[PDB]
A.B. asks: 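Our group is looking at a structure that contains resiniferatoxin; some questions.
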Amino acid sequence: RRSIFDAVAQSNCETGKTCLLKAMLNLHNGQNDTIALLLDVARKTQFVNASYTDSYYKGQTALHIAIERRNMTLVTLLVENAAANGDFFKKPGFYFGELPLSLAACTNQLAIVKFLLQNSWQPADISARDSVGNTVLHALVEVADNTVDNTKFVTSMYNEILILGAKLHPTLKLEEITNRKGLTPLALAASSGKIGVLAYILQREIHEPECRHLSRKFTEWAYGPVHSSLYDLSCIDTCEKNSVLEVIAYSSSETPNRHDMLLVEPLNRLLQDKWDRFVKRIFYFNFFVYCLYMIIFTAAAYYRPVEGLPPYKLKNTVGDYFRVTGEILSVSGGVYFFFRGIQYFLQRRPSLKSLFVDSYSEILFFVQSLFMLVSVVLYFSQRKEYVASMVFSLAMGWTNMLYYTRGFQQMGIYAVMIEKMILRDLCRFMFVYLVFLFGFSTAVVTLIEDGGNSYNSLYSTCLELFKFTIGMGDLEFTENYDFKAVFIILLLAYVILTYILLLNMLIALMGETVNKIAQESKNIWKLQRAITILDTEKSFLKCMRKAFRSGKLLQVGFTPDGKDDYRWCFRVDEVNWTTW
Amino acid sequence: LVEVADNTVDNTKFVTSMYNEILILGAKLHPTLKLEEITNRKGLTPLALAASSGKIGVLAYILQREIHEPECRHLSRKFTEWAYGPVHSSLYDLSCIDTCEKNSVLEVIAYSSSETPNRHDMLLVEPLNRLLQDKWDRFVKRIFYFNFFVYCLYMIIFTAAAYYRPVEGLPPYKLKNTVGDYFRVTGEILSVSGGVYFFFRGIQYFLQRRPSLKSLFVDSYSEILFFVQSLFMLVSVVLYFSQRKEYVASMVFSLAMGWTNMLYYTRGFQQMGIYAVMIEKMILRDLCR
Ligand SMILES: C=C(C)[C@]12C[C@@H](C)[C@@]34O[C@](Cc5ccccc5)(O[C@@H]1[C@@H]3C=C(COC(=O)Cc1ccc(O)c(OC)c1)C[C@]1(O)C(=O)C(C)=C[C@@H]41)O2
Ligand SMILES: C=C(C)[C@]12C[C@@H](C)[C@@]34O[C@](Cc5ccccc5)(O[C@@H]1[C@@H]3C=C(COC(=O)Cc1ccc(O)c(OC)c1)C[C@]1(O)C(=O)C(C)=C[C@@H]41)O2
């Protein structure tokens, strides 16, 4: 075999590699003319279809070798006279699918895909799926990397393959096909964060006369420099499969461009449509009930009985009856919040690494309801430590009231700033501040002998050095030291190091954040409103699920089979002067 | 040729071009001789010289240079292994980069006197920026977390033995038949041993570098602080055996200084490693003016 392999390598006329595959691989400038001889010799004596049996490169055949090399003539010769299941092509490796046509499409080889698709000797199957279930369009969308030229040719190839498949097979619906996981090419582009492919798919009009029915953004009329466009909105607002809007919003936040992935033509106005139509009165009746429950909880916490031990027997007074009713309403609200929070994590199962960075408002609403259930537990088992939990519940809830500024734009970017500092710029600076506080507090408490004023306490001396950070500390707070020149050196060093060097450095860090999330979070607020709209829509499913459905059913054209095309469209308008 | 370099796009361009041409021509006439290995009297090599003098352009050229020609390809560093599609995996030569008989490129860039212009971003060249990471992940992230833990476990031996010091009489203090006194004595011994270790680890560091005074505080600040901590406690040892009660004023300074030096170990974290670099720069520049 060495002479044959050596001659094939010389280009002179386990792994399981064949001479044809070896010859094709070891070809320079397409000079491997011995491949024809082997194929011709093989014909005189199944050989062309032989493939490597190695698990790493399982399934690779001659067609793949020629396709990779961009050889039109070699590909045509091989075709005229399979799927690579190897770990190299499964999700150092390159994924393109597991079909020759997917190899052609994923590499921009437009001519080769045309040749394969309508190859007279053997045509390829457009709708075939690999092991993962991905079709061709799934591979094309997966390959996307969000670059102007990259998005350019991926969208171009998608459009070309789509038109060609429609021309050969008008009946079949290619986009509706799904992989094993269940997603569609549009849903996949929405989930994976590929903004370019989503922007293409959502608003794509193909002008050609016959194959116009596979388009979304139509036109209704144009009198002058003005024209009103439609949209298709098929699986956008709601569908059997996951909707584009829900996927973008309920995404794990690992998706790159979630915040500004809603600026595409339909979504940015479909979201607004829902907000104005039937949600602005359900985000103002939910705010009012919360404001009316925090005056039932506050007024019943402020007038709690002070004499004796709990529980307290009722008295024949109107005040006591009202207090009992207030307590019942408060506890009912607490239980409702606890369940509304418990059955939210089961729906998402958010990862710990992003438990606080994506659901902060909900974590807080849950943590509030824990403190009050703990109070219910402690108050019936004859304890008076239930006040320390009711108080925390009250303060936490009043400060959670800020969650409802989610609707306002000017104020919705002010409760987004208090989430971001408390997470990023106030947990670093307390790792870098307690070090100084404890170092100098241990120093000072060790210097003083003390072996009343009672400044021999590591608690009192840690506290008194924290009032040097709010500018409310007495320098001569003790006189028990034996070495004044050291004590008043330590304090004066501490004041400079923390009051003047650390506080005035944390302010700069918060200033940078305030700029950043003051000129960026304008889209995070829109996203938060989008989640609010989605949850509000989900809550009232029983009431007006179908009744409050966006978009109107309209005729678009004629399905190629001969029937009529009716779809749920959303109308938009525009004005343009320079085009005429 | 490397010495003449001044780090300009066109300047780097023709210096690199001339270097490549002279190298190829010398290889063609004399393939046997290794020209780069030659050194001047000081001992440096052209690559080591480009690394020491701060010439980033020549270093970037030399580290990753592939010459495609068929015969004279053996004088190259950045090869290629395979390319299936739009993907290709490159190699590198890393001959005297990680370690060598002559000074390594990595050590020269790091242990430089800091007069070198571009030290901070002179490690972005192809090999170094990932070779450094390789070492970090492979066998150093568990030696910068066992060195942090021992320091955190020694500052709870020093603090707990400083906080419970005897208050009655004059030093030294005779031992008592109590478990508390034995534990205090052990804490003192451990603390003093740590102090001596730090003092020697600091004294034999300056001999290795002999840093200039003008850049004594601008390049070794973390080490100056670790040394100054160990001086205060050796002074305390000196004063405490010679029957004085002024050793508390030094032990206290040692304790505070060490707790605040704990910040040196945020060197590994990225988000927190740029917060202890800000407290060095203000205290030097914006709080002495
Ligand atoms: C993230 C969590 C678990 C958190 C829970 C409590 C303990 C909390 O302290 C923090 C940390 C903290 C503690 C003290 C001062 C600052 C920060 O922040 C909140 C948490 C911080 C707040 C308010 O936080 C906010 O920024 C309001 C807010 C911003 C954005 C939102 O979308 C939002 O919706 C609920 C609420 C108030 C407290 O809940 C409160 O009243 C008490 C007693 C402590 C505050 O821990
Ligand atoms: C540079 C030197 C010699 C220095 C030595 C001592 C006296 C020091 O005051 C300074 C000047 C000073 C004094 C008082 C307030 C601010 C600054 O800064 C440090 C020095 C400043 C510090 C902490 O300095 C830091 O920024 C921490 C740090 C930052 C970056 C690092 O790489 C680092 O590694 C060790 C440590 C704390 C003290 O050591 C301390 O605890 C006491 C009692 C004085 C501080 O002189």
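Protein chains get the first letters and strands the later ones, always in sequence-line order, with residue 1 at the start of each. Cropped entry; intra-crop contacts only. We use all heavy atoms of the structure for the numbers below, so side chains are in, but hydrogens, waters and symmetry mates are not. Numbering of ligands and ligand atoms starts at 1, following listing order. Header lists the method as electron microscopy, 3.5 Å.
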A.B. asks: Which other chains are in heavy-atom contact (under 4.0 Å) with resiniferatoxin (ligand 2)?
C.D. replies: A, B
A.B. asks: Working on a figure here: which residues of other chains come under 4.0 Å of resiniferatoxin (ligand 2) (heavy-atom distance)?
C.D. replies: A:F440, A:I496, A:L497, B:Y221, B:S222, B:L225, B:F226, B:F253, B:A256, B:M257, B:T260, B:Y264, B:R267, B:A276, B:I279, B:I283
A.B. asks: I'm comparing resiniferatoxin (ligand 2) with the native resiniferatoxin site: which UniProt-listed binding residues in chain B have a heavy atom within 4.0 Å of it?
C.D. replies: B:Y221, B:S222, B:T260, B:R267
A.B. asks: Look up the covalent bond partner of resiniferatoxin (ligand 2) and give residue and atom, or none.
C.D. replies: none
